[PDB]
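Here chain A follows the PDB entry, giving residues 29-57, 59-252, 254-290 in order. Whatever order the structure lists ligands and atoms in, that order sets their numbers, starting from 1.
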Amino acid sequence: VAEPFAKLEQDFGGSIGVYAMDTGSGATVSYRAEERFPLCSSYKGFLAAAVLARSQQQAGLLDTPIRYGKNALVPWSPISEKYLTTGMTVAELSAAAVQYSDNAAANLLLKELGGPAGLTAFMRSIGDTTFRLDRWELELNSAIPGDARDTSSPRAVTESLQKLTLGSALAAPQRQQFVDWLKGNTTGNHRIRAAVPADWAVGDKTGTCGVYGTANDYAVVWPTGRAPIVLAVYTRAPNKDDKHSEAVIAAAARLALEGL
Ligand SMILES: *C(=O)[C@H]([C@@H](C)O)[C@H]1CC(SCCNC=N)=C(C(=O)O)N1
């Protein structure tokens, strides 16, 4: 089982972490599934989930307009930047955070939740004890070896995604909104999506720290007429200038799906 992944992570020059779960059969694949990896932008899926969970207690939260100044803008905010003159609702910021990895939107939503500690508190509320977000955009992307900040494990990411997209953690309408946002993600076509047949529905959230060969993807997959699959592929590398590889993420994802 682990043999194909070790092979892959030695063509890549760094570490690959993989965890996949068949929700019907209960079969799993694990490879470095309990090691910590930098979240990079991938926490933004759970951010949107946390915002949805809070809207269950705070009616009208999703429609709340957030009017921000030019100061709220940080690099890689392609949606947020376009609406500087009108603002965006919490729901619009959430879709932007998920589907375009919009950094200003994420910081705005983090603020709504009480900062990185607020998001970590939400992940604890659903029983995730591994996840930790400690910093804001963009410092959380530093991905320095040995730093436990802003990390989780492939297994913890998979279990939390499972609880949120298929389980009871979100109420029924919020749960479908979360799934819909992941399904409409625009940044992951070359990662986990590239490993499934095009006739299978996929929702995913990517992460790309830009340094230390650190990039990732987690996804829910619906095989046609089949129980849904949940999986996470995370990578890192020892040298700051080591390049991440979308191909390696897709190859790792295919090995996980061909192995369940
Ligand atoms: C998140 O990981 C980073 C961080 C700088 O906020 C941004 C950069 C990118 S943009 C395209 C990356 N390539 C493939 N996805 C994303 C991202 O979508 O991963 N988030």
- Task: Give the PDB name of the drug at ligand 1.
- Result: imipenem (open form)
- Message: Just trying to sort out this structure - which chain has the greatest number of contacts to imipenem (open form), name per UniProt?
- Response: Carbapenem-hydrolyzing beta-lactamase KPC-2
- Check whether any heavy atom of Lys73 sits under 4.0 Å from an atom of imipenem (open form). yes
- Message: Give me the residue, atom name and distance of the protein heavy atom closest to atom 6 (O) of imipenem (open form).
- Response: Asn132 OD1, 2.7 Å
- Message: Taking distance alone, with N or O pairs closer than 3.5 Å, would you say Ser70 contacts imipenem (open form)?
- Response: yes
- Answer yes or no: does an N/O atom from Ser130 fall short of 3.5 Å to an N/O atom of imipenem (open form)? yes
- Task: Answer side chain, backbone, both or neither: which part of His274 comes under 4.0 Å from imipenem (open form), heavy atoms only.
- Result: neither
- Task: Determine which UniProt-annotated active-site residue of chain A is nearest imipenem (open form) and quote the heavy-atom distance to 1 Å.
- Result: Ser70, 1 Å
- Task: Pick out, from the UniProt beta-lactam-binding residues of chain A, those with a heavy atom under 4.0 Å from imipenem (open form).
- Result: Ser70, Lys73, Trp105, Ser130, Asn132, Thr235, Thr237
- Query: Do any nitrogen or oxygen atoms of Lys234 come within less than 3.5 Å of a nitrogen or oxygen of imipenem (open form)?
  - Reply: no
- Query: What residue and atom sit at the other end of any covalent bond from imipenem (open form)?
  - Reply: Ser70 OG
- In imipenem (open form), which numbered atoms sit nearer than 4.0 Å to a non-hydrogen atom of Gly236? 2 (O), 19 (O)
- Query: Quick one: does imipenem (open form) sit under 4.0 Å from the side chain of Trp105, the backbone, both or neither, non-hydrogen atoms only?
  - Reply: side chain
- Query: At under 4.0 Å between heavy atoms, which part of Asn170 makes contact with imipenem (open form): side chain, backbone, both or neither?
  - Reply: side chain
- Query: Does atom 12 (C) of imipenem (open form) have any protein heavy atom closer than 4.0 Å?
  - Reply: yes
- Protein contact to atom 15 (N) of imipenem (open form) [nearest heavy atom, distance to 0.1 Å]: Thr216 O, 3.2 Å
- Counting only heavy atoms, which portion of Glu166 has something under 4.0 Å from imipenem (open form): side chain, backbone, both, or neither? side chain
- Message: Out of all atoms in imipenem (open form), which are within 4.0 Å of some heavy atom of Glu276? Include the element for each.
- Response: 14 (C)
- Query: Which residues of other chains have a non-hydrogen atom closer than 4.0 Å to imipenem (open form)?
  - Reply: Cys69, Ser70, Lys73, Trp105, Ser130, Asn132, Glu166, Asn170, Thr216, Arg220, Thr235, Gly236, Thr237, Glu276
